[PDB]
Amino acid sequence: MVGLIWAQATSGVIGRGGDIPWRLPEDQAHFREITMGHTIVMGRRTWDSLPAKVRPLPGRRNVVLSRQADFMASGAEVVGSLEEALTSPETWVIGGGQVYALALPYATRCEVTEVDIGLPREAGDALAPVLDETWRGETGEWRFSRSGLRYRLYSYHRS
Ligand SMILES: NC(=O)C1=CN([C@@H]2O[C@H](COP(=O)(O)OP(=O)(O)OC[C@H]3O[C@@H](n4cnc5c(N)ncnc54)[C@H](OP(=O)(O)O)[C@@H]3O)[C@@H](O)[C@H]2O)C=CC1
Ligand SMILES: CN(Cc1cnc2nc(N)nc(N)c2n1)c1ccc(C(=O)N[C@@H](CCC(=O)O)C(=O)O)cc1
């Protein structure tokens, strides 16, 4: 089972200038809840973006995709292809735009956080993959975060 987990603005934007363009700590808690105890797969840029205090993310087997020979990621497994990355039975792909695109075909679950923020797409932005009709979804109720942003969770699946 390969799942993808991401937080996106309603417009599909998930990253800009190498960072996530909003603050929503409740989404980080959700992320932890979903991924804890499992293998997580991320692109090298997503690895770089992790704050040092949680790089690697604790309690999870961190796997980082890179095309670089001896890319160095302490506390993580560096791999050069998706096949070497997606070997675990319960894998969560945690970003970024490139890796979500790459991994979507291997996925059977998506855990999406929609952030109700006006953020029109700009050239060069990292974007969420677009889910077609092979996916069945369940939409959660809107919630307000302490940051003032409304947000909701979506759980998608396909067999
Ligand atoms: N809102 C959210 O939920 C999340 C948002 N993000 C955001 O996403 C952005 C980063 O996304 P993006 O720029 O797309 O980068 P990625 O994190 O997807 O990393 C891309 C890197 O992964 C490696 N890579 C890609 N394809 C392959 C392949 N086929 N084989 C081997 N290595 C491969 C390369 O590493 P190399 O260059 O080393 O070869 C490439 O540069 C940031 O802005 C981040 O904040 C990230 C996670 C979650
Ligand atoms: C930059 N980044 C990538 C990140 C952020 N939010 C996401 N949110 C979702 N829904 N999905 C992702 N893949 C995702 N990835 C980060 C930054 C911090 C932590 C982080 O501190 N996390 C702690 C928990 C912290 C909290 O519980 O507020 C964890 O143990 O998972 C996670 C990912």
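In chain A, numbers come from the PDB entry; the residues present are 1-159, in order. Counting starts at 1 for both ligands and their atoms, in listed order. Side-chain atoms are counted along with the backbone in the values below, which use heavy atoms only and exclude waters and symmetry mates.
- At ligand 2 one finds the drug methotrexate.
- For methotrexate, the chief contact partner in this model is given in the PDB entry as dihydrofolate reductase.
- Taking only non-hydrogen atoms, the option from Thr113, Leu4, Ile5 nearest to atom 13 (N) of methotrexate is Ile5.
- Neither the backbone nor the side chain of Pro58 has a heavy atom within less than 4.0 Å of methotrexate.
- At the heavy-atom level, UniProt-annotated substrate binders of chain A within 4.0 Å of methotrexate are as follows: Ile5, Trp6, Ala7, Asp27, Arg32, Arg60, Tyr100, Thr113.
- Contact annotation: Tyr100 has at least one heavy atom less than 4.0 Å from an atom of methotrexate.
- Looking at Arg60, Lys53, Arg55 and measuring to atom 30 (O) of methotrexate, the nearest heavy atom belongs to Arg60.
- Given atom 20 (C) of methotrexate, the protein heavy atom at minimum distance is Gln28 OE1, 3.8 Å.
- Using a 4.0 angstrom heavy-atom cutoff, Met42 does not count as in contact with methotrexate.
- Here the protein heavy atom with the shortest distance to atom 23 (C) of methotrexate is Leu57 CD2, 4.4 Å.
- Contacts of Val112 with methotrexate, taken as heavy-atom pairs under 4.0 Å, are absent altogether.
- Remark: minimum distance from atom 27 (O) of methotrexate to any protein heavy atom is reached at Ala29 CA, 3.6 Å.
- Within the structure, methotrexate lacks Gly95 among the residues with a heavy atom less than 4.0 angstrom away.
- Most of the interface of chain A with methotrexate sits in UniProt domain dhfr.
- The backbone of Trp6, and not its side chain, has at least one atom closer than 4.0 Å to an atom of methotrexate (non-hydrogen atoms only; backbone = N, CA, C, O).
- Residue list (UniProt NADP(+)-binding, chain A, heavy atom under 4.0 Å from methotrexate): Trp6, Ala7, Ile94.
- In this structure, the protein non-hydrogen atom closest to atom 16 (C) of methotrexate is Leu50 CD2, 3.7 Å.
- Counting heavy atoms closer than 4.0 Å to methotrexate, residue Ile20 contributes side-chain atoms (C-beta onward) but none from N, CA, C or O.
- Taking every heavy atom under 4.0 Å from methotrexate, one finds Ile5, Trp6, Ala7, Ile20, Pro25, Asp27, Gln28, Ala29, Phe31, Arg32, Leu50, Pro51, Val54, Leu57, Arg60, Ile94, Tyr100, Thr113.
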